[PDB]
Participant: 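Following this message is one structure expressed as structure tokens.
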Amino acid sequence: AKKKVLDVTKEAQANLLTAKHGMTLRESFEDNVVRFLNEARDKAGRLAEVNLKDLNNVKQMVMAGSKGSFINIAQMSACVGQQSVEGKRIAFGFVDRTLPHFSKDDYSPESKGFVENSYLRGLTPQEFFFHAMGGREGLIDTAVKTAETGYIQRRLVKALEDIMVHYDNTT
Amino acid sequence: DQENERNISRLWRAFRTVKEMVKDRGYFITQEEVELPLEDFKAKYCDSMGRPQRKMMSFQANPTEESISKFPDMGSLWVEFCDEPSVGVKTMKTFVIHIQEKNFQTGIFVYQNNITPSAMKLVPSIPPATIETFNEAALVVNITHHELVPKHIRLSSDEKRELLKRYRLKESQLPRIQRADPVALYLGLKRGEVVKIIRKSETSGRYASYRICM
Amino acid sequence: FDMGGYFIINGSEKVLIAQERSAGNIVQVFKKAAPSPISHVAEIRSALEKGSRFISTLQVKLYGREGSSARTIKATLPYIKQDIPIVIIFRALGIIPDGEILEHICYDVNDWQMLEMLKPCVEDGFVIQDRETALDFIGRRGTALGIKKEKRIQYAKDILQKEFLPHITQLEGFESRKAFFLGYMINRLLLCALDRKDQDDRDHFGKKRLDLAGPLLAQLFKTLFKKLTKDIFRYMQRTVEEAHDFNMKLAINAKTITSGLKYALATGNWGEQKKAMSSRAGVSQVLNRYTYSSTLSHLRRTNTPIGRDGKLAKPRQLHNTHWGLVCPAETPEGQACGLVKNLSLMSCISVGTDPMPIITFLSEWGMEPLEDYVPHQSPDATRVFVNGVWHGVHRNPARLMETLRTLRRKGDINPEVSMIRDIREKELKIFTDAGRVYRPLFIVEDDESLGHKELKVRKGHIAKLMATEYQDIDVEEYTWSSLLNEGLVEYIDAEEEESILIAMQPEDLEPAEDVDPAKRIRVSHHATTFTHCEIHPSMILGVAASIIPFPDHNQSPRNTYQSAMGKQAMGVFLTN
Amino acid sequence: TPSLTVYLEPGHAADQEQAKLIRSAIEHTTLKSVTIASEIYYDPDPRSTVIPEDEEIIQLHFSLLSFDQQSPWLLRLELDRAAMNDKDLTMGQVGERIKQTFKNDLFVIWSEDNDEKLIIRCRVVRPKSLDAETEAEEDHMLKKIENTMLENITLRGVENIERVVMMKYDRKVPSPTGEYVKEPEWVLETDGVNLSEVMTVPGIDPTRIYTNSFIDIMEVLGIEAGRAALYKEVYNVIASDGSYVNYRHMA
Amino acid sequence: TXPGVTXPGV
Amino acid sequence: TXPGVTXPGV
Amino acid sequence: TXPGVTXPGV
Amino acid sequence: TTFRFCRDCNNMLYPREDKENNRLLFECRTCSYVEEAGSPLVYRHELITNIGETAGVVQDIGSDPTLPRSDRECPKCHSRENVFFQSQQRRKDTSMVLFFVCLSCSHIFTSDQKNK
DNA sequence: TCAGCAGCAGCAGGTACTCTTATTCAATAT
RNA sequence: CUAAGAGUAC
DNA sequence: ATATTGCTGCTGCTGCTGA
Ligand SMILES: [Zn+2]
Ligand SMILES: [Zn+2]
């Protein structure tokens, strides 16, 4: 999958890539790269799940439906995956690069937040930092969502509090 | 003449929607006139030069027997199409005096672009004659044929009284429909008149609601 | 085991949380939203350290949307009710010809796009053709409107001398420097408008400063010492109006300073007691003593005063420039998530030094003064900045950077001073002020003996460090300052970190490159042009996260949870 | 994200080229997305030009081509070949559109599509009334004309249509033998809402048109249709994450 | 108007 | 509005 | 008028 | 466009219509300086700008360690080593085509295929 | 019977629950 | 009493 | 010597001759 992403990058840099109707060249390139990386992680996770025996305890819990999912097995055993902030890959916080350990204009999967290591194998420092950015996004989203849902729920309940079914079946 | 072709096609669609509106209002319009084909319309209401004519496109309608039995206080109706893009005061005055002298309780005016406010002010004529103005662009597509739009049926006075009696309702306790709603304009609702709305529910097959015009 | 670093006010241990703020004397350009009539705004929060220390914001705004035809640039001078056109400002500073003004703003004759975008300004300002007339125009637009006609000029001159770009100078006779800086600001604004550079990132940690106990107490004492000196005057004038003998003991009032400082440290409200409800709150907090690590993390805490109820998420997100300076996973999890941060283990904050010796060094080493700089005769010249003040230009910046680096690495220049060379932008920025957050790194040199890049530090230095540590548990002591003074390690802040290439580990990245399948997958980066090396990656974590075992085998929110939950752990907080 | 959905006429649902025709018909394109650049030159006489590049263009057009009242100032527009390629536009169409939008007040000529450079030359015809101050601002007048010719005029499509994309959906059509078979159709998704003008475009199915903006649905179709659209939007929100809520609550 | 709800005018 | 969500206006 | 309250006219 | 300035007071010159000779003129707005017109172009507006993509190239661009290196053919020196960077035009619709500067000749060559 | 334009200015912010800490001065007259 | 801060479960 | 007083959300009018 990394080789496929490299080939797509080579085509894009040679301008031979044609833009999808309705978006710019860069957006089409990013869409293709993200799709390839996501399907790579899914395929690796499917291989890992198929390998696991019926006596595997995590497999048993997933089979029962008590706890866990396929994505958890994939991330713990096969590959953590692609880290995203605001629905996009890790942005260039520095000038044209994500971290000062990469060169300028690096669009490779490892440069913009693809974590190819599982949790069992452990994360390299750059992958660790990108994962921290993603987790921070998740925490902020949860903290915003709870307050927004509380406000909306109060307003809805106040609006509809007086609606009742009467004895002629009208509401 | 691609512009002329699109103009005549749009005019034909507008004519079809106007006939459909008049038929739905409860007047005697035969089904054949509604479904008139394009070639027949071009042969009849368009000249040899290709420019459609609007003066002979106007027509008159009368209530049917069932509507007379149900609505015994409504009579003949007149529909007029104008030629000039902006209808002047003189033309509107001729239209209103013709409506008055022909004893029509309702008359629909159709215009190309706009009505000057100097004529908009005199649009409300001497009662009980009511003037309703429509735009051709707004009448190209019959909105009532959209699947989102359910069935609207105007209720008679006796039906409204029975409805309020059976449900023990006051006038204001009914759901409201504005007297500018596109279907309300289509059916010519006046304030105080109740439309029954038949809807295809998904919990029951049929659901009947009611909306009072405001 | 107690580390200090806190005050004892009324028997209570109080710690001053670091306060994050936007850096001063930096030109920042921001795009504006569609509804606003101004499209781009270039602003500088000018402030002088050795003076009134008053904040005066200059905004050079660009009116008109993209599709609009009248695109005029207007500046917002302080104490003026209207946004004066920029060309009027140049004419008031003493630059009458339009050719000179356009030379000051634009540095390239071939850049006809900028001239096309800038012509509406001179078209608008054609009505004024004289310096005295321009000063009269500014006075007429002057918001005071309480001055007679021929005395408006004095008010306009005072505005342009003491309120316009105070960080350059407050004296008279330095109009050319201020005109050059205004041209530079407008040049940056137009570069952003011309779709040549992106709008400045508000979250860039190199554009932020942390006020520690020092500056906070400094500005608090100034207000308190101003009140005392003013009170001496009212007494001196009263005791001189009554014709009585003056005694110094009666004039002074120690309760003023004492009570003000005690109240400001006892309560979070940071200022005067009557100025409460308008002063920042929560600056000083009761020191946490539940556990030792809780005390440490509290003593290394930074707060960002953005609302906390605001619904914007960008200030809270973990920025890229936070690498190695704040802990990636050590934030509170409620409404202060991301707004409250914790320093990394090895990150430091500068205390500030005097910039005059560096200015003397630059003048000695061949910096051309800005007064006699003609861009046409020197097109490819590099602009040199010191603490945000444009001091001149240099024609051979490479040799200048080489000698500055050599001076800083031998101890002649203070290691806290940060020097950045932007080759693409052709700029040289030197910062010495307080508040900058930096970290140490290994320096990598050519090493012609081995023919490849290698760390400057070798086994001899490690042996000397080990010997000194063993003796502590006689030779010349080999401490951290020994490494610093011998040019083995370096201090880099987020600004300088933009212009360097760092190796994550020395073994796998410096030398030119059957593997254990259990080991994690690592890359060689296929590039050898490194300038620095990380001392250890694990130093990106803070005090609370450094307790977690195998944090890189964990999901990140779990690490954040543990960092927050280890401060509630029960143990021995002190031995006494 | 105001978006609109268009369904084609049933008789030509699977006709891909008819879908392309409808997509081109409703999509909004202006000169701003076509013109590469604009220039203002000086020509002493409006028969032979002083620019050698369009000297070939004039030895086509001036050879092909009252002229005593034409301004010496000239406005030149360079277009993009690729923009003329990915969008179904040609030189004659844009020339006709400019001539229509600026009446007779602008003498317009356009390079033929087979020329190496797509060039349009426009002069401001001089009204027979002589002007002493408009001549001085003829540069300014031509700039104003150029400004209202870049963003204020439209080549094709209805307004508020940012971008149209075509998709292949699969609906359930009752087969002539009785069953419900999977029949594919071509459906247009549109950024921007102009329901009143899109609905009347020939070639589409006016009945089945739908919009995310239930306000537009309510103000075009009615209060009942607005209620139905509101329910559909609430249902999409609820079922976006896969949750199921009984009908009566949202109703 | 006002402001709010200058003048009119000015 | 409000606050929150003055007035308007004021 | 004016503007405000061109001309008239222009 | 090549805007030029007066040589008497160093003030801007505006283009002007000439009646006697029917030619473009350039006039000063304060001292009345008059001279001929070098070119007929008086106004240029780029909707799609091509220049500025290679902006920022300096004689010592190779001293920047952050810039990536490559061994691609140089069609003026046939050397391998060079520094490469993407387009400097920060418009969001620009292409991802790369630019290369040889560190021994300072010739800029792109990776484009339609251009080549 | 119709074509062209403008002005301004204002804060709080989901539901419960636990704990700690500090709280406005100085001068004049009876 | 007021104000401020640290929190816990969502 | 002791007590009184100095990010988010909108809202509305005035005016013709000329050509
Ligand atoms: Zn001159
Ligand atoms: Zn070369």
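Labels below follow one simple rule: chain letters A, B, ... track the order of the sequence lines, proteins then strands, and each chain is numbered from 1. Modified residues are listed as parent or X, with no contacts credited to their extra atoms. A fraction of the deposited model is presented, and contact counting is confined to that fraction.
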Participant: Hmm, looking at chain E, which of Hirulog, ziconotide, vasopressin, afamelanotide, actinomycin D would that be?
Facilitator: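 Of those, actinomycin D.
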Participant: Determine the main partner chain of actinomycin D (chain E) by heavy-atom contacts under 4.5 Å and name it as in the PDB entry.
Facilitator: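 Greatest contact count: NTS(non-template strand).
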Participant: If you measure heavy-atom distances to actinomycin D (chain E), which other chains fall under 4.5 Å?
Facilitator: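 By heavy-atom distance, the answer is I, K.
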Participant: In the PDB entry, what is the name of DNA chain I?
Facilitator: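 The entry calls it TS(template strand).
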